Each structure stands twice: as C-alpha cells, then as structure tokens.
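Following: one structure in structure tokens, then a few remarks.
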Amino acid sequence: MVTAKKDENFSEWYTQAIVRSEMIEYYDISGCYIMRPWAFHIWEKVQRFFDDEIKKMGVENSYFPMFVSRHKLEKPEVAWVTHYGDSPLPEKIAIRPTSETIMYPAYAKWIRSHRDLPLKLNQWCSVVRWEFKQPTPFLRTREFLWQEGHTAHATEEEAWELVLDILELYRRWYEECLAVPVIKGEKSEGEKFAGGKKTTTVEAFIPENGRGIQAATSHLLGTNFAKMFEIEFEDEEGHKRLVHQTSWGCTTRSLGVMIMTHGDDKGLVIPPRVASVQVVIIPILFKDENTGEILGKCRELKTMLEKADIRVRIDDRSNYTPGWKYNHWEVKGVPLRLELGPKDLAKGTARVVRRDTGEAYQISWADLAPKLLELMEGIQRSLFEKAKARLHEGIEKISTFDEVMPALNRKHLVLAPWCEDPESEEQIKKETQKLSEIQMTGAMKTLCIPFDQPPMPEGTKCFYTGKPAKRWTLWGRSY
Amino acid sequence: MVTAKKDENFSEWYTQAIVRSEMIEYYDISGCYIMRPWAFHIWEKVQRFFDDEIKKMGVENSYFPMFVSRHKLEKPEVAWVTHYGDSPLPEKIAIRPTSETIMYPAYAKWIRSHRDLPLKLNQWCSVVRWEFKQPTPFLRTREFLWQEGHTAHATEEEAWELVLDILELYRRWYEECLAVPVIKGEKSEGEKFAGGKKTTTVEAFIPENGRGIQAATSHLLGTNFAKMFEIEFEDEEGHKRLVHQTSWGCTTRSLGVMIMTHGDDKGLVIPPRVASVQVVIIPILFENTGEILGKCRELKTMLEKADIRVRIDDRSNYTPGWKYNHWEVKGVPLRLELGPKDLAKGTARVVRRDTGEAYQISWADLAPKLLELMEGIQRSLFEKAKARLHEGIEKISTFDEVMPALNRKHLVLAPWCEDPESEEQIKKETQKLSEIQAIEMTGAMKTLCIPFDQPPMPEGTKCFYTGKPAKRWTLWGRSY
Ligand SMILES: Cc1cc(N2CC[C@@](C#N)(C3(C)CC3)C2=O)cc(C(=O)NCc2cc(F)cc(-c3cnn(C)c3)c2)n1
Ligand SMILES: Cc1cc(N2CC[C@@](C#N)(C3(C)CC3)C2=O)cc(C(=O)NCc2cc(F)cc(-c3cnn(C)c3)c2)n1
Ligand SMILES: O=C(C[C@H]1NCCC[C@@H]1O)Cn1cnc2cc(Br)c(Cl)cc2c1=O
Ligand SMILES: O=C(C[C@H]1NCCC[C@@H]1O)Cn1cnc2cc(Br)c(Cl)cc2c1=O
Ligand SMILES: [Br-]
Ligand SMILES: [Br-]
Ligand SMILES: [Ca+2]
Ligand SMILES: [Ca+2]
Ligand SMILES: [Cl-]
Ligand SMILES: [Cl-]
Ligand SMILES: [Cl-]
C-alpha cells in the first residue's frame, strides 16, 4: 500500500504508486522499465480508440524496419549497432528514434501522380532515445511505445486540416479517455520541430510540481522534407509539385500523466472508460457463513452486469482475505468495488464504493446495471472536471516580467502577451533559470500559444521586451 | 503483371508476386523489408483473433525492453549495441532474439507462493536474428514480428494442458483465418528447443519446392529454466518447489506461407476472412458524370451494413481492365464490375478471384450472395490446399523409397525408432546423396514432426532406417 503523500513528496509517491499498483517493474538496464499487464490494459484501450478513429480517416497501419543506415541518417543520441555476435558490421546501423529517414525514401518511390494522394500511414512501434540522464517512468524513458503518423497531400490546406483533425483526436485521447484536461496550442519557432512549417501540440500541467509537459504533437511539415527526399507528384495539368506532409505522435507518457492527474494518497485512480476491471466483486467469506450462496449470487451479478457491457471481475481467489482484496483493488484503482457478504443476502442489496471519492451506496440487485452505468459516467466526468479546474487554477494571467518569479514559486504557469521574437524566449529562459539558482530545471520556457486566445487590448506590450505584443503565450517550467 | 509461373520459376514468382502486389518494399539493409498496408492488415486480423482467444484463456499482455546485458544474455546472431552517439557503452547490450532472459528474472521475483500461479503473460513485438544467410521475405528475415507467450504453472499437467490449448489456437490461426492446412506434431529430441522438455509444432508444406516449414511452436519447458533462473514457489504445505513453464510463438512467416499456399500464376489470392478489402468495386469509366460513381457509393454503404470490407477504385486515368489486373494481382477475393449496362438492368457482375467464375446479381440480392460466396471461397481455398498437402506425403517403409520421393518434391511418412543418432545420420546421408545426384538451398532431409495422429503401428514393424523396432511414424522431408 502507498505510504508517501502526493503533496508532500511527489517523487517517492509516484514511484510507489506505479510500483505498488503493479504497473511497472524495474530493469537492470537504466532508462528502460517493464510495463506489467495492469498498465498495458490501459495502453491497449487508448490504442484501440485512436486506431479506430484514424482508420475512420483512411489512415492505414504498416510496419517499417527498426534499423536505419548511417549514410541515410546523416543526410547525436541515436543508438548504434556495430556487431552481430562477434563480427563487426561493415557499416554501423542505428536504431530508430523516429522513422522519417526510413519511410520517406519509400514515399519518394511510391508517389508519382495526384491519384496516389493523399498518402496516410500510421505505425505502432517502439523507439529509442538514449539520453544519458535520469529517467522518469512513463514520462521520460530511453525506450518507449508510441504511434506515429505520416501523411503526404497534394495541397497544404488538406495537410493542415488533417493536422488539426489529428490533434483533435489527441485531445479526445486525453480528455475523453484518460480524463486529463489539455491545452491545444502551437509551438514557438524556437520550440517547434525544425524543418516543419508549424508544430501543434496538446499540453498538460502537473500541479504537484508546477511543471508543464507536452502530451502529443502534430506537425505541419509542409514541403521541406519533400525537397529533401524528392517526393514529387504530377498534378492534373502535368506539372511536378512537391507534396505537403504532416506527421504526428503520441506515446505511453500518457499513462504517466494519468497517474499524476487522478492518483491520490491511497494509490491509483483509473478513469472507467479505460478501466479493464470497472467493477470488482469481492465475496466476503468467513467461518463458512453462506459461502455457497455468496458465490452463487456473485456469479449471477457478474452475468447481469456483463449483459450491460460493464467489465466485471469477481475476486474469488481463496488465498486472500477480503480486506487484502479491498486494499489490492484500491491501490490499483478499480473504479467501483462491490462487496457482497451474508447480511446482504437477505437485504436484496449490495454495497458499492467508488474509488475517486470513497462514498458508499446500498443498491438493489435489480437496480445494479443502470445505477453502475450512472456512477461510472459520474466518476468519469468528475475525475475530468476536478482535473480541469486544477489546471485552470494553476495558470496566472500576467502583464509584466515582475509577476513571473512569484508565479513560478506558487508552482504555476503564466499566460502573458508576447511579441514572438525567438531570441527573447532564450533571454527569458536564461534570466529565469539564474533567478531560480538564487535559492530538476529552474528555467522557464514557452509551452504553447493557445488556440483559444483571450482578448488582446490594442497597444498591449510584450511582457518582457515591451515591444508590441502579438499573441498570448503560455510559459512555465517544463518536463 | 506477374511474368513468372508459380511452379516453373517459384523464386521469381514469389518475389514478383509480393512486390507487384504492393505487399513489401525492399530496403537498403540486407535482411529487412518494409511491410505495406496490404499485408499488415492481415497481420492486424490474425493478431486480433489470437489476442482475443488468449485473453479468453486468462493470458494478459505486457511489454518488456528490447535490450539485454551480455551478462544476462550469456549465462552469433545477436545484434550488439556498442555506442550511443560516439561514446562507447560500459557494457555492450543486445537486441533480443527472444525474451526468456529478459522475462524469467522478473518471473523469479514475482512468484513466491502457489497464490501467484498460474502466471500467464504475452507480448507482441519484434526480434532480431542477425544471420549472414540469404533472407527470404516473410519466411526468414533478420527482423520480424511475432508474439511470444510465456507462462508458469504449479503442475506439469496444467502446463501441458495450456501447451496443447495454444497449439490448437495456432491450428485455428492457420486454418480458420489463413485457410492454410497444417499438421500438429512433436519435435524429435534433436529438433526440440534445448533446455525445453518437449517441443510441439504445427508444420506446413510448400509443393513447389516440396519443402516443409515450421509454422508455430509451443514448448513444455518443464523446470530447467526454473532452476536456471531460480523461479520457485512454496506450496500449501510450505515446501519450496520449481515451476513448470511453457513458451510459444508465431511470426509474420505465417503470411509468406499463406501467399505460397494460395497464389496462382496471376498473383496472390487472399482469403475473405483476412483480406484487407473483401470486394473491390470497379467502375467502368474512361468522362465521369452520368453518376456511375453515385450508384457505387450506394452499393458501398449497402454492403458495409453487412460488415463487408469494400473499396471503390475510382482512380481517374486507369483503364477498367488495368484495374481488373491490378486487383487480380493483389488478390481481392471478389470483384464487382459496374458499367452503364449494369446500371440499365439493376444488376452487377461479380467475379470471384479463386475460380474466375462470374455471377450476375440484382442489386437487392447483393449483400447476402456475396456472404454466401466469401464463405464458399474461404472453404474452397482451404480444401484444395488440404488435398495438395495429402498428395505431397508418401507413406513409406524403406529408405530406398526415400530419395525417389524427394525428387518428386514430396514428404515421407516413415516409421522411425526415435533415437536422435539416426536422425543425424539420415540427414548427412541424404545430403550427400543429393550431391551425387547433383554432379550430373540444400538437400538435407530432416524430421519435420512426429505427428500427433499416428496411423496403426503393427507389431514387429522395423524403423525404415535403423531396422530396430519402430516406435512412431514420423514426417520427414526437406526443410526451410
Ligand atoms: C516517454 C518519452 C516521451 C517523450 N515525448 C517527447 C515529446 C512527445 C510528446 N508529446 C512525443 C514523442 C509524442 C511526441 C513525448 O511523449 C520524450 C521522451 C524522452 O525524451 N526520452 C529520452 C530520455 C531518457 C531519459 F532517461 C531521460 C531523459 C531526460 C531527463 N532530463 N531530460 C531533460 C530528459 C530523456 N520519453
Ligand atoms: C521470419 C522468421 C521466422 C523464423 N521462424 C523459426 C521458427 C519459427 C516458427 N514456427 C518461430 C520463431 C515461431 C517459432 C519461425 O517463424 C525464423 C527466422 C530466421 O531464422 N531469421 C533469421 C534469418 C535471417 C536471414 F537473412 C536468413 C536466414 C536463413 C537462411 N537460411 N537459413 C537456414 C536461415 C535466417 N525468421
Ligand atoms: O521525431 C520527431 C518528429 C515527429 N516524428 C513523428 C512522430 C512525432 C514526432 O514529433 C522529432 N525528433 C525528436 N527527437 C529526435 C531524436 C533523435 Br536521436 C533524432 Cl536523430 C531525431 C529526432 C526527431 O526528429
Ligand atoms: O526462441 C526460442 C524459444 C522460444 N522463445 C519464446 C517464443 C517461442 C520460441 O520458440 C529458441 N531460440 C531460437 N533462436 C534463438 C536465436 C538467438 Br540469436 C538466441 Cl540468443 C536465442 C535463440 C533461442 O532461444
Ligand atoms: Br518528439
Ligand atoms: Br524459434
Ligand atoms: Ca476538420
Ligand atoms: Ca495551487
Ligand atoms: Cl482493448
Ligand atoms: Cl452455503
Ligand atoms: Cl462501459
């Protein structure tokens, strides 16, 4: 069970939560962890939703090799294979950190005419970024699972609308499945993906350590990579034009984020929409009191709730006390826990405890399926809405730079008018980092320029340079 | 179009077929190939089938790192990571070729009491087996996708029952989804997984080189790994015992097999159950308004409501007949032709890809009859294959009848004594008999499997080689 406290020592709390809930297991190679079934259930669920939604868009899944030649890569932190067994490769090959240098030549080969567009591929794989720093399970790891999508189109308007559609699917992944609120915005030109035209992004906020984290990203690559890799088509009139590319990505970091958003001092709290066990049925057995009837009814209740597509498990393992089972499913975060013991056998009801709030209900057996649907909807919405309020309580609207340092001290982000000069963002990072040193990184940086822009009074000056401000920008310490 | 002929030039036919089908793209690193959507949808299909069945058996999914210490790996085809950027690494690390050494330490840590058993885990991933031999797409490659399942049980009976259940799921994977017939059997103690106690397998046959190929595998590991890694539990009486483990896998080789099992001189054929598109609607077009396309879209929704997978090929500059050949090569089980004649009679022309038989169907009658055909197709494809299979097996009793059989690209079902010595001697002698034939891919014949279904073994029957008392019948032939 979890001993540490979320608002007192976040780091050890998080470690305990993930470990005690059986989601991860440590490994002798630093930077890689093991994803036990409990976490992978959740992953499977969001992968299913994203997959169905992108298949609805014509995107098709595929698989490109893990390996890229050195020649075709330096056309850093990439991992190099030099030997098989005991013989060295004639050329070292690297392991993929992202798949552009692998797929894009194939794109060059496959695209000749307008009729071959759009071209929309996704792939669900593992990548390797071997930064020699300190990892954070889910959040920052040397190997991780993601999906990545790459499309090429005949026009930039098409590409751009797909960028937006995909980032909307990413908003739904987080807010709608994992109950984590996020912010849609656009990356600064010092933070955007280089040689993309424009990066869009969903951002999240960890209040317990006042930090920003990127959740997913969708790039408008435009035509830079087409020039690079010579991906041309012939339009209707017979002209050779460059294609307009997008790519987009989202990883298991999402599970990390969800743990921090909903976790509490007893452990995990798993939003029902992604819960593999939404309801655990715990038979209360002691002194051979009514065990045959208790199990009879528990299995009947299971078939009842399964008819309503509630995902139900009866914890009838003989070698565990009920109280151990309670703590087990609590630390694990099963949304709803249903207790049936011999005294309920004559009541015709049963006791239901919701994990998020701990409230208890006495519900009839006939009334179980619909009331449990209802509670799960309410848990899902309320997980989300409490999180969304914490998010917006953590953001401060400022006018001048004087307001920054107090705000970061309250573990908050700042929304400020900005002129969007790239060198000013770096001046800002350095200034704030040094001020932080007068007492994990202390520097503050841009997170995104929110799509949702609040009102911009005329003659608003950039909070740092005093120049005329162009857009509100979200800044904060980061992950 | 596919220039090669399937049984005349099998090699060129095979690569011609998988390339012009758009199933693979080649790559600038030997051993690796790009798996394109037309093929990956099939991998998606069988992965869903099998994932659901093992989820029904209580098996859960997980993910383990792709790297091993040399320390843990060594306790010649392994890909070794040495550097990041330009700095060496303290210790080189290896890309997994399988994940026993990655998982069993964790297992040893997670299992302490009978409470914790059985432990059932699976994972979908890829592995690297960097062999310096000539790869073959799908069939033998340097990086390939698979699933490896690893369980641990209290008793050998539970372990064994699980082994056989998984091998039956592999049977269904090939026969029910892939329409590919296979044979369940047991591996000779020479062909079994070392440090395993018994290996079971499903084998497959390729008529055009008479070659046998292992299709899936399911291992009774017993307790050897349990001693290696110290995976132990305490029973209800408090005594400390070793776990009996199983492991089992299957790869994208299953797709190559499928190709080779059903392809014809025209190209691929894909069983309806796993085909990406089940029906291609070909508009007969050359311009376009007059709404043939509208009617196509109507048909498309009518057919999706029966859960059929449909694609309208409305590409502008291609010819109807070019489209016919295109989807012919790809292997779409059913082609729906719509032109102005069909619009004027409310009928459609449907051509099944297996036999080429055509059918005229009114638009109303469309969705049911297609369902009746796909199923027919799915049965037909599997049945023909089955027959070809049984025609490539010769039951023999002497070694003399062996080398005739191999020349016909057949497999032998001979009575054997089962000491591995004899297997080794047969392999060497058959190879050099192949070479003395060749004075005028190797010729070595080995044990494919010891089939589970054993025809009657009369008393006094002598092994077809040693001449000692035969124990069981065994399937031999050349291998992949
Ligand atoms: C899981 C994951 C996820 C992500 N990202 C990046 C953006 C993205 C989003 N949205 C993607 C990829 C989806 C678009 C996402 O999820 C990044 C990393 C990572 O960069 N790992 C390497 C590493 C290892 C390590 F041991 C330590 C560090 C480390 C320590 N201090 N600092 C400053 C770094 C870094 N990892
Ligand atoms: C896709 C796949 C599949 C399989 N197998 C093996 C058994 C199994 C089955 N059933 C599994 C794993 C499921 C249990 C299966 O599918 C083996 C290989 C392979 O051995 N790859 C390396 C390699 C590279 C290479 F360039 C050439 C060769 C090569 C050339 N001649 N010879 C003798 C080898 C080998 N690859
Ligand atoms: O990987 C990207 C861009 C996009 N690729 C598709 C999925 C979503 C993703 O944002 C940016 N990026 C990020 N990290 C990298 C690390 C290394 Br190592 C290399 Cl060489 C290259 C990269 C690199 O290109
Ligand atoms: O891979 C196996 C045994 C089983 N692993 C689990 C999935 C099913 C599979 O049959 C045997 N084997 C086969 N090929 C290997 C290649 C290399 Br390289 C290494 Cl190090 C090890 C091995 C190795 O152990
Ligand atoms: Br990234
Ligand atoms: Br193997
Ligand atoms: Ca849109
Ligand atoms: Ca606060
Ligand atoms: Cl799922
Ligand atoms: Cl009773
Ligand atoms: Cl539900």
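To find a chain's letter, count down the sequence lines: the first is A, the second B. Shown for chain A, in order and in the PDB entry numbering: 333-407, 417-780, 791-830. Just so it is clear, chain B uses the PDB entry numbers, and the residues here are 333-407, 417-627, 630-783, 791-830, in order. Header says: X-ray crystallography, 2.8 Å. Worth knowing before you read on, the calculation uses all heavy atoms, side chains too, and leaves out hydrogens, waters and symmetry mates. Remember, it's 1-based here, ligands and their atoms both numbered in the order they're listed.
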Drug identity - ligand 3: halofuginone
What is the name, according to the PDB entry, of the chain making the most contacts with halofuginone (ligand 3)? Prolyl-tRNA synthetase (ProRS)
Chains touching halofuginone (ligand 3) at heavy-atom distance under 4.0 Å: A
Report the binding site of halofuginone (ligand 3) using a heavy-atom cut-off of 4.0 Å. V419(A), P438(A), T439(A), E441(A), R470(A), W487(A), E489(A), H491(A), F534(A), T558(A), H560(A), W589(A), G590(A)
Identify the organism of origin of chain A according to the PDB entry. Toxoplasma gondii
Can you see any other ligand or ion closer than 4.0 Å to halofuginone (ligand 3)? ligand 5 (bromide ion)
